[PDB]
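What follows is a deposited structure in which one can find gosuranemab.
So that the names make sense, note that chain A is the first sequence line, chain B the second, and so on, each numbered from 1.
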Amino acid sequence: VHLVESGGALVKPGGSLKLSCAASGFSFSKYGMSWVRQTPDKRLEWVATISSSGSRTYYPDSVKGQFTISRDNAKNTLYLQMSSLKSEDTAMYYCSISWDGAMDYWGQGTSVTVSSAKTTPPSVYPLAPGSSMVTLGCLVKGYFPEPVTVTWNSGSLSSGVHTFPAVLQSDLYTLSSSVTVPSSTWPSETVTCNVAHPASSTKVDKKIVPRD
Amino acid sequence: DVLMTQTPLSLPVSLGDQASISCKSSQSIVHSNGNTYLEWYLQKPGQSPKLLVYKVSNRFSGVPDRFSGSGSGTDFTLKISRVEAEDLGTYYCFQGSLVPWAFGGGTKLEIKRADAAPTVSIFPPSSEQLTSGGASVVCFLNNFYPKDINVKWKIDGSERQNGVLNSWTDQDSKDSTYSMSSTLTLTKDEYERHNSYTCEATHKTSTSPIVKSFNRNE
Amino acid sequence: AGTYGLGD
């Protein structure tokens, strides 16, 4: 019972990509199969379905004539060819087999990012409050590709820390990190966010300083 | 295209409790061959969806009998007799009767806890950012429950929606609260010819909104 | 041939 997607990658708008799904643990040529994708908003969209022999193919209107599902039963592999990709095609792509239901078993998925952005370091800005506890922050703005990591005082501050999910601003990512400490901790002691953006070799420390 | 709508959006439960999720179609899912191809899928956090129920009421292999599916025509229900930790995640219904195959938008089964007002903080743009010609005003709405909330921005007393981006955390694995950030990004020009910047948080814990403000010039 | 008759 094993499904392993591959082929996901970063691809430019207008570009093409071929996804693959290697199967094992069952009679491959017996089952119809499907592709389903999950967009960043966590919605699920059925993309394509193919009969066991590859004889019959099915698509929703939105991808008809643009996507092509195929399979190689001799190699126990399912394929999805995608063309004229747009930013909205950024998603996790899952293969599955059908028997009792539409998608009895799913793979772990392969990730597709459609974007023309180039590697770009974040700008890191301190968030000091314009004001028992006190909340500080760090703004990590305009980076690509994902991900970034943020810690506070090199990891000495773990409680009361959370980092909001990145959002797309233009075609760059932005997030903030929040830290809450006792009021007697800051500004009496120093509080610094540690930002890392591996793709761009970025490591930044930003100390938070009280506002007027 | 038939539409699948799920209610509620989110269902807060305590472990031990009974749970009921609803799924409705915009038209009858009863197929001409006498079957109703209504299916339920569970997606646990960080994992792939798994089949739970097919043909309305048939449990898939391995699925424990605390799960049960029912309903007919357009109205369907998934019930859980006693919710366990492993049951937490997003439940999607699915219809296979009509072209094209369609998923419902999902229902999150999440953890119930005591109500908590958000802690609201506002942060003026850093001087360093202004050197780059940009100005992002940030508002945190932290550690609130329940998850529903809305934020309003005011510039010089007037509401502002353009340039606002929001981000929501998933339910916190430690204290089961929720948080949200709101970021209003302006040009240096826009920021420097207005002075009063306000973040307004509305949440069921209070009749009046929580207001946080600063004056740029100060 | 399965629920959706996809088994040829």
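All instances of gosuranemab together account for chains A and B. Bound to gosuranemab (chains A and B) with the largest number of contacts is the chain that UniProt calls Microtubule-associated protein tau. Within 4.5 Å, heavy atom to heavy atom, the epitope of gosuranemab (chains A and B) on chain C is C:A1, C:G2, C:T3, C:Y4, C:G5, C:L6, C:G7, C:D8. Paratope (gosuranemab (chains A and B) toward chain C, heavy atoms within 4.5 Å) - residues A:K30, A:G32, A:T49, A:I50, A:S51, A:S52, A:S53, A:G54, A:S55, A:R56, A:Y58, A:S98, A:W99, A:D100, A:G101, A:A102, B:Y37, B:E39, B:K55, B:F94, B:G96, B:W101.
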Which donor-acceptor pairs sit under 3.5 Å apart between chain C and chain A (gosuranemab)?
| residue | atom | partner | partner atom | Å |
| --- | --- | --- | --- | --- |
| C:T3 | N | A:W99 | O | 3.0 |
| C:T3 | OG1 | A:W99 | O | 3.2 |
| C:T3 | OG1 | A:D100 | O | 2.7 |
| C:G5 | O | A:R56 | NH1 | 3.4 |
| C:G5 | O | A:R56 | NH2 | 2.7 |
| C:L6 | O | A:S52 | N | 2.9 |
| C:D8 | N | A:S52 | OG | 2.8 |
| C:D8 | OD1 | A:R56 | NE | 3.0 |
| C:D8 | OD1 | A:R56 | NH2 | 2.8 |
| C:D8 | OD2 | A:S51 | OG | 2.8 |
| C:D8 | OD2 | A:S53 | N | 3.0 |
| C:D8 | OD2 | A:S53 | OG | 2.5 |

